[PDB]
Amino acid sequence: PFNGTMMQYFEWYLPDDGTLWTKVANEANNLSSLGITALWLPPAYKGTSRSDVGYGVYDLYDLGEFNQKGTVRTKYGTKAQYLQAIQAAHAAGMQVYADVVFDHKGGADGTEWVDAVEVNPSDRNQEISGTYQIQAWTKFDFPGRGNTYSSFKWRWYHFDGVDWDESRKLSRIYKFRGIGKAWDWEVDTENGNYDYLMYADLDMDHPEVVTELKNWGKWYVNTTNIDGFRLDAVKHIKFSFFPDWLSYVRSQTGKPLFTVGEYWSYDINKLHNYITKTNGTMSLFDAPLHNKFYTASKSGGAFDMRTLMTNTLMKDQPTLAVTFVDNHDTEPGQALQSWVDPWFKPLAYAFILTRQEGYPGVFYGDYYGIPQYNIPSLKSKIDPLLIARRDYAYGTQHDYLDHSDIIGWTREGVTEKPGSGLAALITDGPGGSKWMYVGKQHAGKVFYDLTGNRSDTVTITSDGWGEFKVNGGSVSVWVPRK
Ligand SMILES: C[C@H]1O[C@H](O[C@H]2[C@H](O)[C@@H](O)[C@@H](O[C@H]3[C@H](O)[C@@H](O)[C@@H](O)O[C@@H]3CO)O[C@@H]2CO)[C@H](O)[C@@H](O)[C@@H]1N[C@H]1C=C(CO)[C@@H](O)[C@H](O)[C@H]1O
Ligand SMILES: C[C@H]1O[C@H](O[C@H]2[C@H](O)[C@@H](O)[C@@H](O[C@H]3[C@H](O)[C@@H](O)[C@@H](O)O[C@@H]3CO)O[C@@H]2CO)[C@H](O)[C@@H](O)[C@@H]1N[C@H]1C=C(CO)[C@@H](O)[C@H](O)[C@H]1O
Ligand SMILES: C[C@H]1O[C@H](O[C@H]2[C@H](O)[C@@H](O)[C@@H](O[C@H]3[C@H](O)[C@@H](O)[C@@H](O)O[C@@H]3CO)O[C@@H]2CO)[C@H](O)[C@@H](O)[C@@H]1N[C@H]1C=C(CO)[C@@H](O)[C@H](O)[C@H]1O
Ligand SMILES: C[C@H]1O[C@H](O[C@H]2[C@H](O)[C@@H](O)[C@@H](O[C@H]3[C@H](O)[C@@H](O)[C@@H](O)O[C@@H]3CO)O[C@@H]2CO)[C@H](O)[C@@H](O)[C@@H]1N[C@H]1C=C(CO)[C@@H](O)[C@H](O)[C@H]1O
Ligand SMILES: C[C@H]1O[C@H](O[C@H]2[C@H](O)[C@@H](O)[C@@H](O[C@H]3[C@H](O)[C@@H](O)[C@@H](O)O[C@@H]3CO)O[C@@H]2CO)[C@H](O)[C@@H](O)[C@@H]1N[C@H]1C=C(CO)[C@@H](O)[C@H](O)[C@H]1O
Ligand SMILES: C[C@H]1O[C@H](O[C@H]2[C@H](O)[C@@H](O)[C@@H](O[C@H]3[C@H](O)[C@@H](O)[C@@H](O)O[C@@H]3CO)O[C@@H]2CO)[C@H](O)[C@@H](O)[C@@H]1N[C@H]1C=C(CO)[C@@H](O)[C@H](O)[C@H]1O
Ligand SMILES: [Ca+2]
Ligand SMILES: [Ca+2]
Ligand SMILES: [Ca+2]
Ligand SMILES: [Ca+2]
């Protein structure tokens, strides 16, 4: 038995110093000893510039190897350093998930003239202009790479649209004209059709494009030996595309390739729609649960903690849910900003780390800190919870989400891991106590608070129950002493 634990190993405001790949190589041992079993690494290919975080993808085939966009290395380092990081992660017994950005392409080498029409930004099925010629950033020739690995050249007809006309300096949503040219479907229905997002938007209906992304998928897994994918911005990408893409790349590389997609919506039914449409071929980030943590942390104690799990992927589809507290898009200043307050953050990590539903992740920004906004590191509060997950969070779970402030759950432990077992309490309000069942196999044992928030102890009764306790606005994780 084991508890998988992933770590997203970057944040937005990292300096553009080309050191992240080296840091993975240096830290892989430490993180593994804490029970981290997988790293989600940022996009490793060349962006619109060297300080691009990776989501403005210029060349999928340039892993910090070719002189392109004014730099050889990416933000994170060179191609050689990227490979060493992956091998170090493997030597320490960790999987590696690579960020995959297929929705769009930016930083084109040149413009092309294209017949286009404006569509309504709030309803992309509604044309709001006539057809006219625009100058669109869609020519990709890759002067620094040549035909190495791939001789495919991208042009306007491989895309469905852009949001910038270079001749008139106009910013509108332009749909391209052409035989069969249309926004892709199925996609998210916010704004009527949410296929267009930014830069030059890929046409997943074009067979040349499907083929090229399949060839890149195979090439990339074989070049890097990565173990899986984090799929960026999947709600803006033809739903049927990734079932077909993943089954090609998995079977043509001989690898299972665990895959988590980022479907950003707090509407659980949209996530359920996407899982059924893609036949459960991938996990998804539990964005609704993130929204729960953010809301509870801002509600001054008035959140009903009995609803913390309701309408989350961790409640509804736990084996396809990847759980988290914050990520690079929820950071201060970002477009999805909804930063979980530091007082509540240890409570949210305890919830995803010591419970049996879902595949939890630790955020780099939470672990190491975000100096850009003077947010201090929470490593000293997260590490006890990882040790809880590594050693104690095993076996039958009993739920007590039964009070509007104080909620808890227990894990009984497993014979295969002697000394396992835990009882966790969190509260968004004043402290208190709660009786919970850990199992009569623990009768007489003394439990202590692994987080060190409390100095007292709890003795288990002859019937397997303990009256566990928590401070106000705090976490306690009670585990057996030895
Ligand atoms: C390091 C670890 O890699 C493998 O485990 C990974 C799984 O193959 C993935 O599928 C994924 O599992 C998650 C599920 O997809 C998901 O539905 C959810 O329910 O949570 C799961 C994770 O909690 O991620 C896993 C890694 O995080 C591989 O199977 C495993 O063998 C590898 N490590 C084990 C190796 C040994 C066996 O002797 C022991 O050290 C431990 O049991 C494991 O650490
Ligand atoms: C001039 C530039 O225009 C295009 O790039 C723009 C995008 O199309 C816009 O959508 C917008 O992107 C922002 C995102 O929407 C936003 O969500 C944020 O997260 O990231 C972006 C921040 O700006 O803005 C983009 C730039 O204005 C076009 O795709 C792009 O390729 C064009 N860049 C060319 C211009 C120069 C100067 O000659 C060259 O350095 C580039 O290599 C060219 O590619
Ligand atoms: C007009 C001329 O352009 C054609 O080139 C591109 C199409 O215009 C694009 O729309 C695009 O087609 C893809 C769709 O966007 C996509 O939704 C999916 O259906 O796959 C399509 C590609 O398989 O990409 C095309 C190029 O890759 C095309 O090269 C060419 O056949 C077209 N020439 C026609 C001109 C007239 C117009 O009446 C007709 O008389 C001729 O029979 C056509 O040859
Ligand atoms: C730039 C940003 O645009 C998209 O995000 C939009 C959402 O999809 C909309 O539904 C809405 O987002 C949420 C609200 O912000 C939030 O208040 C929430 O309570 O409700 C809405 C969803 O329930 O507004 C957003 C428009 O600004 C897009 O999905 C998101 O991914 C984009 N930000 C990233 C763009 C890339 C894609 O390559 C990411 O990888 C980058 O990290 C970000 O720049
Ligand atoms: C009433 C009782 O609650 C105290 O504070 C906890 C809150 O219940 C939680 O909601 C949370 O407070 C955070 C806010 O939600 C957030 O908006 C932000 O302001 O940060 C707050 C945390 O820093 O966490 C609180 C625990 O730190 C706490 O359990 C307890 O001390 C409170 N009773 C005190 C109230 C006053 C005067 O009546 C204090 O001087 C006394 O120590 C207690 O009587
Ligand atoms: C003599 C004194 O010791 C005991 O105090 C323990 C209490 O169980 C808690 O205070 C316990 O948890 C605290 C955390 O360790 C600490 O980190 C803090 O941040 O919050 C928790 C408090 O909620 O730590 C103590 C160590 O065992 C005992 O229970 C306490 O009753 C004992 N008597 C004192 C209590 C009062 C209050 O009216 C005074 O009048 C007495 O004179 C004290 O002697
Ligand atoms: Ca299309
Ligand atoms: Ca799209
Ligand atoms: Ca499209
Ligand atoms: Ca409450």
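Numbers in chain A come straight from the PDB entry, and the residues shown are 3-484, in order. Per the header of the entry, the method used was X-ray crystallography, 2.2 Å. Side chains are part of it too, since the values below use all heavy atoms of this structure and drop only hydrogens, waters and symmetry mates. Just so you know, ligand 1 is whichever comes first in the structure, and atom 1 is the first atom listed for that ligand.
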Give the name from the PDB entry for the chain that makes the most contacts with ligand 6. Alpha-amylase
I'm looking at ligand 6, any idea what drug that is? acarbose
Name every other-chain residue that has a non-hydrogen atom under 4.0 Å from acarbose (ligand 6). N455, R456, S457, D458, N473
Atom 15 (O) of acarbose (ligand 6): which protein heavy atom is closest, and how many Å away? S457 N, 2.9 Å
Protein residue, atom and distance nearest to atom 9 (C) of acarbose (ligand 6), heavy-atom basis: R456 NH2, 4.5 Å
Nearest protein heavy atom to atom 3 (O) of acarbose (ligand 6): under 4.0 Å? no
Would you verify that at least one protein heavy atom lies under 4.0 Å from atom 38 (O) of acarbose (ligand 6), or report that none does? no
Under 4.0 Å from a heavy atom of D458: give me the atoms of acarbose (ligand 6) that qualify, with their elements. 8 (O), 12 (O)
Yes or no, since that's all I need: does a protein heavy atom fall within a distance strictly under 4.0 Å of atom 17 (O) of acarbose (ligand 6)? yes
Protein heavy atom under 4.0 Å of atom 43 (C) of acarbose (ligand 6): no
Tell me: protein heavy atom nearest atom 21 (C) of acarbose (ligand 6), and distance? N473 OD1, 3.5 Å
For atom 14 (C) of acarbose (ligand 6), closest protein heavy-atom neighbour: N455 O, 3.6 Å
